[PDB]
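Looking at a structure with trimethoprim today.
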Amino acid sequence: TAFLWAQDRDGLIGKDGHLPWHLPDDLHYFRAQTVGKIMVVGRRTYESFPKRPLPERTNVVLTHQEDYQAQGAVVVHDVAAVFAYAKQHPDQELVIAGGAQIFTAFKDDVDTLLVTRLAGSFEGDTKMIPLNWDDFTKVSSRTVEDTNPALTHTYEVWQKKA
Ligand SMILES: COc1cc(Cc2c[nH+]c(N)nc2N)cc(OC)c1OC
């Protein structure tokens with residue numbers, strides 16, 4: 001399992017799940033990472049996503065209640081089922097596109113964490129769930145500078161150690 005998300009300096013993800021900040025660069029990064037790999041998106045994500053489903057990619061819509069249904073992404077209401085699905089396709093890695101509730105559910109059993117940090121700050125009604133940084137040790141990171149400081153962002157990857 002892999003964690004793919006973007007956050008500001010303060011620690012907020014956005015509003016209603018949708019990224020309030022328009023960073024075509026960071027957005028490009030998310031899209032590129034989900035190419036040729038299995039990704040899981042929460043129900044809130046299904047509505048927050050810009051356009052689904054993606055081509056040449058495997059998208060999955062995960063919700064707490066089985067009443068909910070999603071188009072373009074496989075709908076799974078079983079936490080165990082999501083793990084098994086990734087297990088079935090060892091060739092393709094599983095990445096959690098969100099949301100935070102989804103992240104929390106699989107946060108404990110994640111080996112790779114991807115985080116995007118923005119120098120600028122944004123305000124919204126949705127904040128990212130707490131993470132244990134000390135438990136995970138950063139393996140590598142990349143820094144990209146945009147025209148505007150707020151726009152400028154960096155990519156950091158953490159791997160769980162035991
Ligand atoms: C491609 O656009 C979006 C992409 C994403 C996913 C996403 C973006 N950026 C990063 N760094 N990680 C992600 N998982 C979430 C969104 O909103 C929830 C988007 O629309 C604003």
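Along the sequence shown, residues carry numbers from 1. Counting starts at 1 for both ligands and their atoms, following the listed order. Just so it is clear, the values below take in all heavy atoms, side chains as well, and ignore hydrogens, waters and symmetry mates. This deposition comes from solution NMR.
Here the macromolecule with the greatest number of atom pairs within 4.5 Å of trimethoprim is listed in UniProt as Dihydrofolate reductase. Of the residues UniProt lists as binding substrate in chain A, a heavy atom under 4.0 Å from trimethoprim is found for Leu4, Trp5, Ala6, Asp26, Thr116. Per the entry, the source species of chain A is Lactobacillus casei. There are UniProt NADP(+)-binding residues of chain A with a non-hydrogen atom under 4.0 Å from trimethoprim, namely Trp5, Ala6, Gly17, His18, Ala97. Note: chain A touches trimethoprim mostly through UniProt domain dhfr. For trimethoprim, the residues with heavy atoms nearer than 4.0 Å are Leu4, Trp5, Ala6, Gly17, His18, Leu19, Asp26, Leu27, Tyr29, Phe30, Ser48, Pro50, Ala97, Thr116.
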